[PDB]
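Next structure: contains zopolrestat.
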Amino acid sequence: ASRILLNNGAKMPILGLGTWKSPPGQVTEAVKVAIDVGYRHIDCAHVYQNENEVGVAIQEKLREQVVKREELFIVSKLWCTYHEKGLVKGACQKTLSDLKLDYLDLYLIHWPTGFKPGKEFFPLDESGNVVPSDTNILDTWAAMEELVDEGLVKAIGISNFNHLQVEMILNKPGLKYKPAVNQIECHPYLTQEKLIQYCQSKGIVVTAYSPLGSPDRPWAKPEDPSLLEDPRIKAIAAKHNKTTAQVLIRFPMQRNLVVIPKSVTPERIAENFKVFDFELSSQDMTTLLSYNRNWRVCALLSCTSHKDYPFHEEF
Ligand SMILES: NC(=O)c1ccc[n+]([C@@H]2O[C@H](COP(=O)([O-])OP(=O)(O)OC[C@H]3O[C@@H](n4cnc5c(N)ncnc54)[C@H](OP(=O)(O)O)[C@@H]3O)[C@@H](O)[C@H]2O)c1
Ligand SMILES: O=C(O)Cc1nn(Cc2nc3cc(C(F)(F)F)ccc3s2)c(=O)c2ccccc12
């Protein structure tokens, strides 16, 4: 099955195209190719600095009548410098304008941490610590609920929230809409059993990011583990006559997760979509689960003293 039912009553394609690090001169053609070969979900963010160009592709394929808007599922995220209640509508409308859309299917709080508002995405003090904003997750959430009530977004969610932060929203005084999705890092080196079961127990759909371990992350180091080159995963791929990436994409799919691998390579964009015609065994699943090492691609040191930093917590 190609889509999962969200708690807002809408259906979300379980495979999406990621766009973090997709160069602006290549992401328009990447998104056009993806839509041509089947993708119907694009994961976006203002902080990726490429929403305009993603938007050009979406709008051309709509104008070409390759797809109807209702068949697309477009996701973006509120960046950390816009957590203030007074900045949230603007930030969403900048994304909508850039994407050439009149609504988003899902809008996420990108990170639980608010940063000082300004031009800078990562405002730092002279010692390199991120500068927080005094905003809290619950007031930001109410601001997200208003976007639903204005028709600018069909669903709201969170990203990089730990289980205590998820629980804080769920127990928020006067909560009007539950989060639909929690988008978190997840792959065989960061399997997240604990956080995923909590979220699913609550009817919150989990989207797995960096499912290939983000080989193009700009801070990669030689000693870091490498999913795509792990002989153990390679062997599972060979047994199935599939690529390693294809195993790494199908793995979250069978955990009832949405997965959003990124590429700007047309061959890989296509390859990455060809994951609905095979199955990993239970044993494969448990074997891949066993590779966990609590290894994170995304956990920037300069943010670790923020009050709301999500990754000190066990969950
Ligand atoms: N919510 C958040 O905080 C958050 C954080 C991180 C990521 N995300 C989202 O999740 C998406 C996916 O994560 P990611 O970008 O970190 O990394 P990823 O999808 O794990 O890996 C992307 C890398 O894999 C390469 N690649 C793609 N398909 C391949 C294939 N079939 N074979 C071999 N290599 C392949 C890509 O190369 P080419 O592009 O050169 O083909 C790129 O270098 C992001 O782009 C973003 O949309 C969200
Ligand atoms: O953001 C993306 O989608 C990809 C992403 N990840 N990271 C690593 C990060 N680690 C964080 C940790 C916190 C924290 F909440 F933990 F404080 C807050 C914010 C961040 S950004 C980046 O530094 C980044 C920079 C530009 C564009 C995208 C990203």
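Chain A is numbered as in the PDB entry, which gives 1-315 for the residues shown. Computation of the quantities below employed the complete heavy-atom set of this structure, encompassing side-chain atoms and omitting hydrogens, waters and symmetry-equivalent molecules. When a ligand or atom number is given, it counts from 1 through the structure's own listing order.
- The ligands or chains attributed to zopolrestat are ligand 2.
- In the deposited model, the macromolecule with the most close contacts to zopolrestat is named by UniProt as Aldo-keto reductase family 1 member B1.
- Close approach of zopolrestat to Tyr309 is summarised as follows: ligand atoms under 4.0 Å from at least one heavy atom of the residue are 14 (C), 16 (F), 17 (F).
- Residue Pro310 approaches zopolrestat through these ligand atoms, each under 4.0 Å from one of its heavy atoms: 14 (C), 15 (F), 16 (F).
- Heavy atoms of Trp219 approach zopolrestat to within less than 4.0 angstrom.
- What sits closest to atom 13 (C) of zopolrestat on the protein, heavy atoms only, is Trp111 CE3, 3.3 Å.
- The UniProt annotation of substrate binding in chain A and a heavy-atom cut-off of 4.0 Å around zopolrestat together pick out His110.
- For zopolrestat, the polar-atom distance check finds an N/O of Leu300 within less than 3.5 Å of one of the ligand's N/O atoms.
- Nearby ligands and ions of zopolrestat, counting only those under 4.0 Å: ligand 1 (NADP nicotinamide-adenine-dinucleotide phosphate).
- Per UniProt, the NADP(+)-binding residues of chain A include some within 4.0 Å of zopolrestat by heavy atom, namely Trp219.
- Result for chain A and zopolrestat: the nearest UniProt active-site residue and heavy-atom distance (1 Å) are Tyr48, 3 Å.
- The distance criterion of under 3.5 Å between nitrogen or oxygen atoms is not met by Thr113 with respect to zopolrestat.
- The shortest N or O to N or O distance between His110 and zopolrestat is below 3.5 Å.
- For zopolrestat, the polar-atom distance check against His306 finds no nitrogen or oxygen pair separated by under 3.5 Å.
- The proximity of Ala299 to zopolrestat, defined as any non-hydrogen pair under 4.0 Å, is limited to the backbone.
- With a non-hydrogen cut-off of 4.0 Å, the residues around zopolrestat amount to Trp20, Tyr48, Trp79, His110, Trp111, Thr113, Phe115, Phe122, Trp219, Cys298, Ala299, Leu300, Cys303, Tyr309, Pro310.
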